[PDB]
Amino acid sequence: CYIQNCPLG
Amino acid sequence: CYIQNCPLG
Amino acid sequence: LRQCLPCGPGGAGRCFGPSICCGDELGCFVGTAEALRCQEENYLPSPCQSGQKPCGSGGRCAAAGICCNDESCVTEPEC
Amino acid sequence: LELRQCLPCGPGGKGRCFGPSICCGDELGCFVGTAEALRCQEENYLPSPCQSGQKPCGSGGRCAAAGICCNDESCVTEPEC
């Protein structure tokens, strides 16, 4: 996932 | 030209 | 104001800026060979502006969900 | 933060996804919602975080192609690339 868009974080 | 960067007017 | 030089895949897109060639059935090329001809628009005396549905920062809707102005494309859902 | 590049994409996989629909290659340009960007939608299911390219630029992302700066939703001109 795109770091900017990842679940949890 | 691009309206934005023409000489515009 | 006219739609700028057509560009890209069988001329089926329109220049949204010097290096940005978008199209409904195409999406956007920001800075590819598809978008090389848009540089020609810069030596046409007539002012142009592609798109109809404005969005963003004096951008129109370039292609499905993408809003482009003369220097950037952004995902815009209401586009 | 030490992330992996995201899925490659575009012509001959020469490009890296910078967001769901943005496939940019250093010597390619940027495909934003074109066919070349198809693979970039798969990155969304991968559970690990990724971030493409180095020189971090602008709105939040980083230099994707020659003088272009994309984050995960936008590509703008930016010669600081």
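A note on names: the letters A, B, ... follow the listed sequences, proteins ahead of strands, and every chain is numbered from 1. Just the heavy atoms: all of them, side chains too, but no hydrogens, waters or symmetry mates, feed the values below. The deposited model was determined using X-ray crystallography, 3.0 Å.
Looking at chain B, one finds the drug oxytocin. Per UniProt, the macromolecule making the most contacts with oxytocin (chain B) here is Neurophysin 2.
Other chains in heavy-atom range of oxytocin (chain B) (under 4.5 Å): C. The source species given by the entry for chain C is Bos taurus. In this structure, residues within 4.5 Å of oxytocin (chain B) (heavy atoms) are C:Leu1, C:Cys4, C:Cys15, C:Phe16, C:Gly17, C:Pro18, C:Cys38, C:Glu41, C:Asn42, C:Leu44, C:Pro45, C:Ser46, C:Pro47, C:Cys48, C:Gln49, C:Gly58, C:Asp70.
Applying a cut-off of 4.5 Å to heavy atoms gives these residues of oxytocin (chain B) touching chain C: B:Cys1, B:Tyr2, B:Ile3, B:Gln4, B:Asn5, B:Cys6.
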